[PDB]
Chemist: 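I'm staring at cyclosporin A bound to Peptidyl-prolyl cis-trans isomerase and have questions.
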Amino acid sequence: XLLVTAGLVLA
Amino acid sequence: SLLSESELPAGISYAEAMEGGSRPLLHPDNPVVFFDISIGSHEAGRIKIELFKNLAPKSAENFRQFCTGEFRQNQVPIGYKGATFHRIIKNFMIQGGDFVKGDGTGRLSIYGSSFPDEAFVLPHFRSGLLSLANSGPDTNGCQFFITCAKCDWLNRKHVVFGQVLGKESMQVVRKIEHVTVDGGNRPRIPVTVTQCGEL
């Protein structure tokens, strides 16, 4: 999807 | 805590921000910092950023020190000078600030390994806002993103803590946003903060 994470980018 | 668009404070509309110079618009004591950006080896221009100390003081100060070189580990400065933008998604956002590893895994703050979410006052209501990247609740570190569109689905999960100032700043953001990326949204040619500091 459209997230802003730090390490495992998710959907 | 989250403000609706109709209840936003003065000084943070897109038009207002684009009229900005080098002084803060939201609150007079907010710091203004900058990045000079290189795309490959080519100077792309400057992004000036107001940090919303009035609303998100911990988040603002963390970012500010990483810009100025004031934060040390065993007397060695560390921060955004030489940091890259590692994840760029057209029409969404540009993400960077992983000076630890350069790949999105890095987490370090001036307060320790991480710091908690401050109040979620501002929404992700437009392009040109600075917000904290994280790995879920209370996991802020060094990474950030600059919005390239409204992204209100991120509200109450990421602290919006600044805004870019002036037209050149947004032009640089748009340039970064449109570089060629691989299938994992990593730029094919590096995008680097070559200089940074406080105005």
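Alphabetical chain letters, starting from A, follow the order of the sequence lines given. We number chain A the way the PDB entry does; in order, the residues shown are 1-11. All chain B residue numbers match the PDB entry; in order, they span 13-211. Non-standard residue handling: map to parent or X, exclude extra atoms from contacts.
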Chemist: What are all the ligands or chains assigned to cyclosporin A?
Modeler: chain A
Chemist: I'm trying to map the binding site of cyclosporin A - which residues have a heavy atom under 4.5 Å from it?
Modeler: B:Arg99, B:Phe104, B:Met105, B:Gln107, B:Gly116, B:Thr117, B:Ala145, B:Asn146, B:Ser147, B:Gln155, B:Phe157, B:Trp165, B:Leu166, B:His170
Chemist: In this structure, which residues of cyclosporin A reach within 4.5 Å of chain B by heavy-atom distance?
Modeler: A:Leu2, A:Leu3, A:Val4, A:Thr5, A:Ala6, A:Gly7, A:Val9
